[PDB]
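In the model that follows, one finds caffeine.
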Number of protein chains: 2
Amino acid sequence: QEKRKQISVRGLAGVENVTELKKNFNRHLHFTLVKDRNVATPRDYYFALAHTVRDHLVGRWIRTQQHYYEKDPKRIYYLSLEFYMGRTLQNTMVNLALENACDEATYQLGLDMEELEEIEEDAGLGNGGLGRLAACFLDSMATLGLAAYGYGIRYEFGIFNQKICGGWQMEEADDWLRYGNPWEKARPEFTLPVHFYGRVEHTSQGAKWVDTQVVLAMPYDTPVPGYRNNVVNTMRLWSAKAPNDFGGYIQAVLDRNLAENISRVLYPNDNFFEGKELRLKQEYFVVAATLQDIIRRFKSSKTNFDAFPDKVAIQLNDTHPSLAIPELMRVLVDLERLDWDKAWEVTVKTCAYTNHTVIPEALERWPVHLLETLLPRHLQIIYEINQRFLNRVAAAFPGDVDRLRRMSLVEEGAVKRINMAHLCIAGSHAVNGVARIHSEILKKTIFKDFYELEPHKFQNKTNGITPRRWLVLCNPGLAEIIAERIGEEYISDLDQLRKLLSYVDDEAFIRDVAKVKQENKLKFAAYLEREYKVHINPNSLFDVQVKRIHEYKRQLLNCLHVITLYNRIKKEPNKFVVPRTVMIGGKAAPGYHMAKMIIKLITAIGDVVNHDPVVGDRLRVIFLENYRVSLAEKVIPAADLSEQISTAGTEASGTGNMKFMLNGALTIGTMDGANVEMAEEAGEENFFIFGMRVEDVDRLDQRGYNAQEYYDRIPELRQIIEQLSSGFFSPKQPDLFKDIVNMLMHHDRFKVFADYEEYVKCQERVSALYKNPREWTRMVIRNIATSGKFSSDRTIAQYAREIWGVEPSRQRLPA
Amino acid sequence: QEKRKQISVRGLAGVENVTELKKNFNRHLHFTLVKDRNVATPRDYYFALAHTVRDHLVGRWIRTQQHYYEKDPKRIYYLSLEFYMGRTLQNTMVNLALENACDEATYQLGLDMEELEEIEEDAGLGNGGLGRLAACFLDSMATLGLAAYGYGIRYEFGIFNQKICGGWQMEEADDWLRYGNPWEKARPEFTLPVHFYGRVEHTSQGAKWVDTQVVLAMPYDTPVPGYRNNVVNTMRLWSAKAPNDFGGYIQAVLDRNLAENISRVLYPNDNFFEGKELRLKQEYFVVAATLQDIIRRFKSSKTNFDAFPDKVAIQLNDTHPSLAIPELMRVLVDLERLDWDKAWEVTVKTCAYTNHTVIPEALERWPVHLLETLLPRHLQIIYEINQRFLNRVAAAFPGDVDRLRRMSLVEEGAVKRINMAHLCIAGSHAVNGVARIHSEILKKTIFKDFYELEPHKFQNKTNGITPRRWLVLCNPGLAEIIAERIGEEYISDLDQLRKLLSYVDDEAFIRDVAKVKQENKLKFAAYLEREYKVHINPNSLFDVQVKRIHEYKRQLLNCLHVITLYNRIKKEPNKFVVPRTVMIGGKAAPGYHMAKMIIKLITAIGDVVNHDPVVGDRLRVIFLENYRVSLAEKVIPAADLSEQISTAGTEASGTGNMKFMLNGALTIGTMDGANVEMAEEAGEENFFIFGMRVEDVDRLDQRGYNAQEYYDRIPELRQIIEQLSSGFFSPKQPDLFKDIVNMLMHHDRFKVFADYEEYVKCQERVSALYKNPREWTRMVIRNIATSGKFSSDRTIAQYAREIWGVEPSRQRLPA
Ligand SMILES: O=C(O[C@@H]1Cc2c(O)cc(O)cc2O[C@@H]1c1cc(O)c(O)c(O)c1)c1cc(O)c(O)c(O)c1
Ligand SMILES: O=C(O[C@@H]1Cc2c(O)cc(O)cc2O[C@@H]1c1cc(O)c(O)c(O)c1)c1cc(O)c(O)c(O)c1
Ligand SMILES: Cn1c(=O)c2c(ncn2C)n(C)c1=O
Ligand SMILES: Cn1c(=O)c2c(ncn2C)n(C)c1=O
């Protein structure tokens, strides 16, 4: 398409730039891929272009890191077990102003760059929100000119590739490195030792960790480009490698796999803790290798570690890298020979912890036996930390033994465990939630005792998304029509979107806003046909719930509504209803049974709804296979209605909600997480807010949630439960959904029936406004225009000023 | 050193060529390695140069393979489980005439290219002779313009890196790909399925192999340059990969390792069969993937497979890829649907087998149960092959049931097994030994019954070595002085070395020949000091035995001589003897106990000899650690005396013997293998030939080898055995060498004591001639000058005309 090359926000196709791009495209095709045009596949062409484009990163990559050496600013180390990065090619081109040039260059070579882009595998090294937040954060940190380093693990296999088979999820390994990763640079020369198991000997000069098994940590460095500032930061991902030295010789060589299994696969759990030793090993591996790099870089700068927190910030993405606190102490005390108290002064000032959930099954609580075996010296240090910390509690609250037991890092029981959130709080100067309501809920509940001891520690940092990936990349049509009115500065100053409120009554913007949405919808519809032979009605309302499958996110509530629409159609076939394509998508953790049942229910509903000739194209329900960052970039720009329907108090923030707001969808949701702040930014009048508020959930809990009451009082709801029990959605297996029915009736922690009625009526209001295109689009304008707060640039600037103590900059580097 | 850049056989340093080399060196340093000069290590500089040099291969690589597509010549597939390739960088530069240019280019950048070369890891994907023959063969095949493809396995770990610790061998994994391989091109797009286990169902149209576990075979292609002919052939090495589809999900991902273990490590056995299922899997993996490529290329050329043997030659390097015979039949019968007899016509005409040993512990005899489980359809086919083959025996020799049982592919016993040599003979049109004596010994003994049935099958192909690696690369000084007299054509026409017999009385050549040897010796001496802090006397005779540690190669015989020299010195301290550095080197297979004892004995002798102040620098015995192709290239040019002392009839050919002859060493050896032909080429008067001849070994076997006789009749020998028994060479452990003593006295298959006396006296003749420099050097000239026959170019030309049916060419391709 030539129209796309006329998108100004995609930059200049300079005649010489084009000429050079083609020359280097053809150079990589010959020397790097060893192909000629006669045997070259699209995949080769994608790689030629990827190599060509990565070459443009290299100069800035070297100069940026030298700049940091020269200026010696405080360094931000963002430790996370996940980096949900997605694809890199388009992102590279946008941040380097090369998109239109590459598009013209490939066009002259007879190629469609859009097709080439689709050959790239996602770097799916995350589960969901926490992982994708880390990716967004790296991008914003680069755009804000921070000396910032992402540190994590190079999983051989990312989040599993989901296939739906028989209506059921099947998992297949995500072999994302099969054809190579052209972005990363392997750094074997900078390999570091990590120790495991062993024993502690307390000798003359103190403790010594000995008799340890070594696993080498090999770093791969990936470039992280800011938005047109000539800044390229580094994401460093550690890969596990058997040590150089040592059933026989053959077996010994084979057994090198055991150690190398630590970096093999992402644990595919979203918001759920599994106490597997391999997972614990992964956490120590990232923390140990990462902290050796930080100490070395600290020493090779302009030992006295009193200035370590002036030059080092370690940000903990959840408790997953929590061992960085005992590990930093270990290095400082056992190897650098610092007194414990100075070491602890340094540690607390250097470390800060970000919490992502109040849900108990997600919080890390490691058995002491496991910590004792695998990391004996760390357990010792944790116990010491706990004694001095509880001593402070005692002195602050004399005689409150109850607070002592509650605040202990050590949790008593049949199995003694270490509470890793407690360790983080004790060992960090800053603790933040990711949305106002969540940060409030932490100081009033889960962490209230810690808030009372150290109020000053507790902060809020409302999550954000990068408007590069999540607008310019994914929705170029919308970015353009915005740029035509207000220019391009908003791309790294998203609060400038408020200027668009001046256009609520401009007929061309109203027309253009709707036209872009139509275009995104036609393109997504076409996508399902070619890739999955699925027919969807492009003049239907696109109702999308995409996110990991969960009880607390209430995909089930969405199911109940969908079946309601179906049954209402059957009772009154002749009555007009706004046509709808209900799209639900997301992965279930492989061991989460309810989530796999929920996926099966969505498809089972589809099997009835989509083949009923009375319904026809009035209602269609499809399960979007293999939801991942690449598919988010397709389906979200195409969405009319954003489903954000978690039980009030359960979704700490959400980030999918913000992506939908940024891309021209209206939101139907509870007052939970950032939904609260999104409605405050836009006005509640521009959101479909429904359901119980947190305080209402509490009152139910106070008197007990009896699901039976709602079933006995709501005829439409009872009908649906009867259809599920008796086997209307599973004729060949009538009892198939009994577990779903049983949880809803007797063990529903998330109170789906209690929001059922308000939800259904709120959906009626949605349909009503959809019948009025002009006013739909006008309310959409009011949303897009107030979405600026939810830029990750704002989030990061806040981290920088309020926790890290660094001042962000958007000034370009010379290049 | 500037002198080396004045070596004409290293080509022109063209001013523009130099300029471009530096530009691309600096380009790879920046864009490929992402370094600058301030942080660049030697290793980076080596990689920049490797990348730069590999770029010069690419154009010829593509054009050569297109040339083969266009002309459609018969294709040679050299199947081997080993490719002992060594380093590639210097070899690339010599075959492309880039050596002096790169040397000047790196010099102007302030770099020593010789230092850079030493950072390259060997591709040590072989054990010894059979492996290095395959490497030599690929090089000659390229130089002779044959459409030839090396096919094997990309082992993750090659032959183990040997460390001597306490006088003992220790094995460490050969992590040859730790910092990457810049020569190979990964080809994931050409991945192929290989099947294992399963069952056979005989249906309508015939048999079907079903219920199989799949292992993907991923090819990596390495360039193979001929000598200045613009030809670049391909070595394709298969790497094992878990299939795309499927204790839980985590465990399933981890368990992908099991399948990927097939390409993990070379079995480090030299001339020894180990019936491990993993080894069998390796053999099938290479044969199955390789034959799918051959069939596909056959079909994509200008199905009737009557012309398959006109377009395809499969050469089997030992019985290791023997399954190619049942596998080709399987494809032809079960998938292409050809009648068995036409399929068998095709198979025999396509396959040929090369035998490398007459020793029984080396020959492959696989248990039928193992073949039945792992490859059920192959076993079926083997049985059928055996029936029709034995039917031919029966018809040729009616009533000889004894011949039937002896010639059977099936060997009866407690465990029934398949004899893989027998399968090869039955399924191949050509069977060759690798030296005249060995090829004769096969038709008179091991394979006499097969020779009687099919005389026409049995050939000789005396082994060879490439004069590129083994003269021009490793000994540039010698190549030059040769080139000054006769020019450069000899480098690919080695028989031209006979012209050097005209110089036996030329004083400058005599001077120059000796001067080069002195230079190689001083350089090797310096090597031991820097890398191992070992002092050797450069005015001593360099007595070198390098090769895998073996009973049959008789390193022990060398030990006996060394101790004799030591004891003779002690009895008569004042008596002059020619100073000697005895150098023994080689790896023992990890499970071969005697070989590990032999290594310990060599070092133990050193511990006495090298610290006796009466001996001083008159005698020194050192064990050369980690003998591999790179070290062969150093030590052999430095050698005065080549130890080739296998028991007559045991070493099929040898190739180390030819490397020493080519590089200016005189040979002390038995009449075994190619030693017989080397002495015929030079004249026995120019070789130190000693010991029993094969017929003498036979007579001993006829009456029984009683070691006691030699001990009771030879005082000097009895003394040494007493020193070994009583613990003179092991004071802290007197009984340490009892196993050696016991084998020599009672279970010596290789009759060391029977050649002891003739060996010792032959060594006296060696020392005597060494006292006369002029006549030493003159005899060396007579050796170098007659070494031409032992070029692998001659060997390969013979394979091509006498087995493959293709005419070699040394004409350059346009480029
Ligand atoms: O199905 C079409 O695209 C798919 C859907 C889609 C989207 O919704 C948003 C987005 O950011 C990208 C995107 O890439 C999809 C796509 C998939 C392919 O396999 C492919 O080859 C391609 O060019 C693209 C399509 C159809 C069209 O008819 C068309 O003209 C076009 O440009 C594209
Ligand atoms: O020890 C020296 O080389 C080593 C021995 C050696 C050899 O015997 C033959 C050969 O083909 C190459 C060869 O490379 C060796 C070597 C090892 C190194 O670690 C190294 O840095 C190097 O430049 C080289 C040496 C000493 C010298 O004094 C010298 O001038 C020199 O050029 C080289
Ligand atoms: C019970 N359960 C699981 O068993 C689970 C999970 N996420 C992953 N798994 C395995 N969640 C959220 C959960 O509630
Ligand atoms: C007995 N034996 C072994 O046990 C052996 C070997 N090569 C390897 N091994 C393990 N050889 C040659 C051998 O004779």
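The chains carry the letters A, B, and so on, in the order of their sequence lines. Quick note: numbers on chain A are straight from the PDB entry, i.e. 7-252, 260-315, 324-836, in order. Here chain B follows the PDB entry for its numbers: 7-252, 260-315, 324-836, in order, are the residues you see. Indexing begins at 1, ligand by ligand and atom by atom, following the structure's order. Basis for what follows: all heavy atoms, side chains included, without hydrogens, waters or symmetry-related copies.
Including duplicates, the parts belonging to caffeine are ligands 3 and 4. Per the PDB entry, the macromolecule in most contact with caffeine (ligand 3) is Glycogen phosphorylase, muscle form.
With a cut-off of 4.0 Å on heavy atoms, the other chains touching caffeine (ligand 3) are A.
Within 4.0 Å of caffeine (ligand 3) on heavy-atom distance sit the residues A/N282, A/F285, A/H571, A/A610, A/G612, A/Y613. We find no covalent bond linking caffeine (ligand 3) to a chain. Atoms of caffeine (ligand 3) lying under 4.0 Å from at least one heavy atom of A/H571, given by number and element, are 12 (C). The contact set between caffeine (ligand 3) and A/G612, taken as ligand atoms under 4.0 Å from a residue heavy atom, comprises 4 (O), 10 (C). Ranking protein heavy atoms by distance to atom 12 (C) of caffeine (ligand 3), first place goes to A/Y613 CE2, 3.3 Å. Residue-ligand proximity, A/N282 to caffeine (ligand 3), at heavy-atom distances under 4.0 Å covers atoms 8 (C), 9 (N), 10 (C). Looking from atom 8 (C) of caffeine (ligand 3) to the surrounding protein, the closest heavy atom is A/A610 CB, 3.2 Å. Among all non-hydrogen protein atoms, the one lying nearest atom 7 (N) of caffeine (ligand 3) is A/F285 CB, 3.1 Å.
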